[PDB]
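Structural view - dihydrotestosterone in its complex with Androgen receptor.
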Amino acid sequence: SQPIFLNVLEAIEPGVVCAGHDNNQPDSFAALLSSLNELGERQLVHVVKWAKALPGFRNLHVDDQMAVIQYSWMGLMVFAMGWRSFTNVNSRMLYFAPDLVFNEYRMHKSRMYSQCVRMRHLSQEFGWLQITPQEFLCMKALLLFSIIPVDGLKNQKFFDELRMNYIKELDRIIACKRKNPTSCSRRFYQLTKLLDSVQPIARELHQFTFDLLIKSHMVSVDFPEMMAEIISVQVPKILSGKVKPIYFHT
Amino acid sequence: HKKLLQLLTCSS
Ligand SMILES: C[C@]12CCC(=O)C[C@@H]1CC[C@@H]1[C@@H]2CC[C@]2(C)[C@@H](O)CC[C@@H]12
């Protein structure tokens, strides 16, 4: 009969977020990165509101809720950006925000052209794999539950159950033919491979933003409060190996 | 940490 989980994910999916970028100023490293940082700060508000509205999320210990959001935001935001880029510009450009679309020139000026190329490839995967909106939403929800401390969470048992349930929801919505069991298996394989592929991209961006925050005063790049806190307190836990992604495949 | 946790405390 009529489900519920998908209804919820569709209902809570964040709307359009603008970066507040002044497209009159030249495309300088300082201007572009300061705008991406502000976009991050703005999107973080929406990620928190989204996560708190997810089925079961409030069952986690409050400190664990904070922790998973602070570790997973980069992956979540990149994955969502890849989808926007796919749907809006067929992955030709990176659609960070309606007022902050990166073309080749901006990719170069941002000094993260290589990372942008990887993000474009991620975006293109949505087309190559013909990912459905429902597959996208379930995959994105699972990204929230895909990075934790090596030492575990305060209530790891509840987390493990929640993650299991999100994996089950993804399995249920995969676009495949049940009459051909091999198709469903191949599809699930492809999707878990796609999910895993987000992590190395997020890692490169974690390294970049950390290095940027350290030199931010020297290169005139502004970091808002929440971003500067998370990049200085949580991101280094990832970079130092205290916090690691949960991969499907070895 | 203030603004971030504030987004969780508000209407918990
Ligand atoms: C998450 C954001 C902002 C939201 C988005 O759509 C994806 C994008 C990916 C690159 C991030 C950026 C936020 C600011 C960062 C972290 C910069 O400091 C360097 C890389 C940027």
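Chain A is the first sequence line, chain B the second, and so forth, proteins listed ahead of strands; every chain is numbered from 1. Every number for a ligand or one of its atoms is a count from 1 in the order of the listing.
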Chains under 4.0 Å from dihydrotestosterone (heavy-atom): A
Among A:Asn37, A:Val221, A:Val78, which one puts a heavy atom closest to atom 15 (C) of dihydrotestosterone? A:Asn37
May I ask you to identify, for A:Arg84, whether its side chain, its backbone, both or neither come under 4.0 Å of dihydrotestosterone on a heavy-atom basis? side chain
Measuring from the heavy atoms of A:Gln115, does anything fall under 4.0 Å of dihydrotestosterone? no
Please report which non-hydrogen protein atom sits nearest to atom 1 (C) of dihydrotestosterone, along with the residue it belongs to and the distance in Å to one decimal place. A:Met77 SD, 3.7 Å
Given A:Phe102, A:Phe208, A:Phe96, A:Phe79, identify the one with the heavy atom nearest to atom 9 (C) of dihydrotestosterone. A:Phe96
Find the UniProt domain of chain A that dominates the interface with dihydrotestosterone. NR LBD
Using 4.0 Å as the heavy-atom cut-off, which UniProt 17beta-hydroxy-5alpha-androstan-3-one-binding residues of chain A are near dihydrotestosterone? A:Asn37, A:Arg84, A:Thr209
Tell me the organism the entry assigns to chain A. Homo sapiens
Please write down residue, atom name and distance for the protein heavy atom closest to atom 16 (C) of dihydrotestosterone. A:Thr209 OG1, 3.3 Å
Quick test of your reading of the structure: of A:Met227, A:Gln43, A:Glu38, whose heavy atom lies closest to atom 4 (C) of dihydrotestosterone? A:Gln43
If the cut-off is 4.0 Å to any non-hydrogen atom of A:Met74, which atoms of dihydrotestosterone fall inside it? 16 (C)
Please identify which atoms of dihydrotestosterone are closer than 4.0 Å to at least one heavy atom of A:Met81. 6 (O)
Which residues would you count as binding dihydrotestosterone, with heavy atoms within 4.0 Å? A:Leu33, A:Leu36, A:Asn37, A:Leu39, A:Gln43, A:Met74, A:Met77, A:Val78, A:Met81, A:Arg84, A:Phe96, A:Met112, A:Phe208, A:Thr209, A:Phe223, A:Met227
